[PDB]
*Asks:* 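Hey, got a structure here with fasudil, can you help?
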Amino acid sequence: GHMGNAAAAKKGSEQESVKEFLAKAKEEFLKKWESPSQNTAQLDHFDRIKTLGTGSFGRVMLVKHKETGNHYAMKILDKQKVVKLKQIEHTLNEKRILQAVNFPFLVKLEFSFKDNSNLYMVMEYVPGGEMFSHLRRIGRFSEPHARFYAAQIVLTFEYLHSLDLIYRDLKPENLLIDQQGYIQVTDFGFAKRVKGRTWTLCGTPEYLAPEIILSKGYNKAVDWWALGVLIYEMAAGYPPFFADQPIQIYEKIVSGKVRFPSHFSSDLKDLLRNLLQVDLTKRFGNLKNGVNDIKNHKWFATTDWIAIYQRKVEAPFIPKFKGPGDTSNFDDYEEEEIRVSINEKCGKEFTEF
Amino acid sequence: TXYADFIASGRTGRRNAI
Ligand SMILES: O=S(=O)(c1cccc2cnccc12)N1CCCNCC1
């Protein structure tokens, strides 16, 4: 067979230990899920420094804790705007997930609080910026470099899925690089607790699984499809399915055809054909052996999963970092006021925050 | 080339959710 006795025993033991870890992690998650933390700091504990990001998602600001000098990334949502855009449940659920999970590649929520006008999530500052920027700048990642990142996503999805959390928002724009060169996953507005199926059309065109496009009930296998898109884009510099208009992208996704650059290794192409599998009865991550079909694939043969988890692998790339407040890996945005009204807004809607 | 096709798509920048 493919493994001798020693290798098979070692692999089996490793897989059993993962089960044991995940069972403990689920116990810890559910305690925090059932009794969320609230109101652990206030706004005047922090100096506002610079806007790190802004969009439909609100704003994210670099802030500095006045007494420790620690920098943080503070997500600010306008309560009235969240209600207008019909995002109450997503906003509450994002914060509830973030205060309950614990994993080395999931961003840490250090404080949260609210005031008359806004909701605030104070997260670790991840200074290396988006993977997106580095990928477009370098062009493409070599396969070992791509694999280093991919391994962290595999472990993070293995963790999230064991909690019955589907992620649904994977793309390089939503992965940050920390000071050690490791990945941080930050955005949980599309994440949902799903033991079985769910039906919402959400995501980004290039990363949508075919069953989402086709308006099916779907499951956590959409995240393994998206991993395939991510690995392809990291290794090629462009995603597998693209076109001028989303409808043309969707036609390609559902077609069952995917084409590869000539520099892709055969191992990589085999992994990607099994992740980018339209047929759900054949897609890696959705079969009887679950995540192990991915972790045991030839393309990951050199991956020491425990060493990645322990963050003991030397990263391929360390972003430039000139001090704890450095924002050079982020873009510049127009700086807008943080207005706090004398009157409380939408109090009932956000009692749980 | 596929890279040229990628540039032609106009979707080389940050992509919004649907
Ligand atoms: O970079 S962020 O502003 C950001 C968010 C959350 C925590 C962060 C921590 N450090 C830097 C930037 C952070 N960002 C906003 C949405 C777009 N995708 C990536 C996350």
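By convention in this document, chain letters (A, B, ...) are assigned in the order of the sequence lines, proteins followed by strands, and residues within each chain are numbered from 1. Heavy-atom basis, side chains included; hydrogens, waters and symmetry copies ignored. Remember, it's 1-based here, ligands and their atoms both numbered in the order they're listed.
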*Asks:* By ligand number or chain letter, where is each copy of fasudil?
*Replies:*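 For fasudil, that's ligand 1.
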*Asks:* Determine the main partner chain of fasudil by heavy-atom contacts and give the name UniProt assigns.
*Replies:*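 Main binding partner here: cAMP-dependent protein kinase catalytic subunit alpha.
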*Asks:* Which other chains show a non-hydrogen atom at a distance under 4.0 Å from fasudil?
*Replies:*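 Under 4.0 Å by non-hydrogen atoms: A.
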*Asks:* Residues of chain A touching fasudil: which UniProt domain claims most of them?
*Replies:*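 According to UniProt, it is Protein kinase.
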*Asks:* Between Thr186(A), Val126(A), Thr327(A), which one has a non-hydrogen atom sitting closest to atom 20 (C) of fasudil?
*Replies:*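 Result: the heavy atom closest to atom 20 (C) of fasudil is in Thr186(A).
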*Asks:* Classify the contact between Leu176(A) and fasudil as side chain, backbone, both or neither, using a heavy-atom distance cut-off of under 4.0 Å.
*Replies:*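 Contact part for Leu176(A) vs fasudil: side chain (C-beta onward).
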*Asks:* Taking only heavy atoms of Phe330(A) into account, list the atoms of fasudil that are under 4.0 Å away from them.
*Replies:*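 Counting from 1, the qualifying ligand atoms are 1 (O), 11 (C), 12 (C).
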*Asks:* Tell me whether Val107(A) reaches fasudil (any heavy atom closer than 4.0 angstrom to a ligand atom).
*Replies:*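 So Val107(A) does not count as touching fasudil.
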*Asks:* Which residue is it, and how far: the UniProt active-site residue of chain A nearest to fasudil, by heavy-atom distance to 1 Å?
*Replies:*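 The nearest UniProt active-site residue, by heavy atoms, is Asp169(A), 7 Å.
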*Asks:* Please work out, at 4.0 Å between heavy atoms, whether the side chain, the backbone, both, or neither of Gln184(A) comes within that distance of fasudil.
*Replies:*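 The answer is neither; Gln184(A) stays 4.0 Å or more away.
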*Asks:* Which organism, per the PDB entry, is the source of chain A?
*Replies:*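 The deposit names Cricetulus griseus.
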*Asks:* Can you sort out which atoms of fasudil are near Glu124(A), meaning under 4.0 Å from one of its heavy atoms?
*Replies:*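 What qualifies from fasudil is 9 (C), 10 (N).
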*Asks:* So which protein heavy atom does atom 16 (C) of fasudil come closest to, and at what separation?
*Replies:*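 Closest protein heavy atom to atom 16 (C) of fasudil: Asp187(A) OD2, 3.7 Å.
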*Asks:* Which residues form the binding site of fasudil (heavy atoms under 4.0 Å)?
*Replies:*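 Using heavy atoms under 4.0 Å, it comprises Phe57(A), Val60(A), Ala73(A), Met123(A), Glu124(A), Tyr125(A), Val126(A), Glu130(A), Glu173(A), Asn174(A), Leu176(A), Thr186(A), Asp187(A), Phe330(A).
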